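Chains are named by letter, beginning with A, in the same order as the sequence lines. Numbers in chain A track the PDB entry; the residues on display, in order, are 1-99. Here chain B follows the PDB entry for its numbers: 1-99, in order, are the residues you see. Counting starts at 1 for both ligands and their atoms, in listed order. Going by what the header records, the deposited coordinates were determined by X-ray crystallography, 2.8 Å.
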2 protein chains.
Amino acid sequence: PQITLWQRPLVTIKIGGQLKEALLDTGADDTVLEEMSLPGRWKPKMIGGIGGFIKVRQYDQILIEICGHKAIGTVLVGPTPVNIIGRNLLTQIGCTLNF
Amino acid sequence: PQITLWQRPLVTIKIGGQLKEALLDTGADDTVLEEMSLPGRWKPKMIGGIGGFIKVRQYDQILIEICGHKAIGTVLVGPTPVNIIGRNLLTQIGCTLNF
Ligand SMILES: Cc1cccc(C)c1OCC(=O)N[C@@H](Cc1ccccc1)[C@@H](O)C[C@H](Cc1ccccc1)NC(=O)[C@H](C(C)C)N1CCCNC1=O
């Protein structure tokens, strides 16, 4: 679908048998989600945003269902203020910026 | 122009008689540019990010020619790693998220 930006591009995703709301972020290289229970092994990692860095856990091969569309990629779990759909996932669902 | 997301969507902007490159961030309510000099006056303001809060100077009525498109709005300047064109401006140039 088409999304104007007069409001935050929030959409509903399905992950780990759970439902959430993630922001479609072209400004994000990766995908980071609020602390949640996820099965499988992970790997420590650090990402640097505007306010600084945060200690997140790196999950590979995690299936996410963005607004219906199913995709699988690397999901980061940490102390983020909002759920973020980064370009690693956005390019799988074919999201494009236009104007 | 249609922009895919395989790489960070960098756009060439022109502000204060200066040329720069800014990221089209759909996950940014406002626009924050790196440290630079500007004519108008400002007002201390802080914004929440991923790793914490930074203090920026606010400016209203700032002309910005985003990739051949002239728009005007509130710009913020501070300790931001990259230049960011948020939604307060993206809408002015009819930028749409699509998939
Ligand atoms: C939310 C907001 C309100 C008012 C004004 C502004 C500028 C606002 O946005 C601030 C902000 O942190 N926005 C983020 C999403 C956001 C909204 C609300 C709360 C917290 C975050 C996101 O869009 C952009 C920001 C840009 C960036 C900054 C420094 C270095 C590199 C990239 N991107 C990142 O942090 C990403 C993360 C998410 C994987 N990131 C970090 C590792 C390297 N690459 C990368 O892409």
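The drug or candidate drug modeled at ligand 1 is lopinavir. Structurally, the main neighbour of lopinavir is the chain that the PDB entry identifies as protease. The letters of other chains with a heavy atom under 4.0 Å from lopinavir are A, B. Organism for chain A, as given in the entry: Human immunodeficiency virus 1.
Heavy atoms under 4.0 Å from lopinavir belong to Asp25(A), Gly27(A), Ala28(A), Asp29(A), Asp30(A), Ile47(A), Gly48(A), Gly49(A), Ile50(A), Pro81(A), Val82(A), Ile84(A), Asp25(B), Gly27(B), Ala28(B), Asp29(B), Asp30(B), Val32(B), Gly49(B), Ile50(B), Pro81(B).
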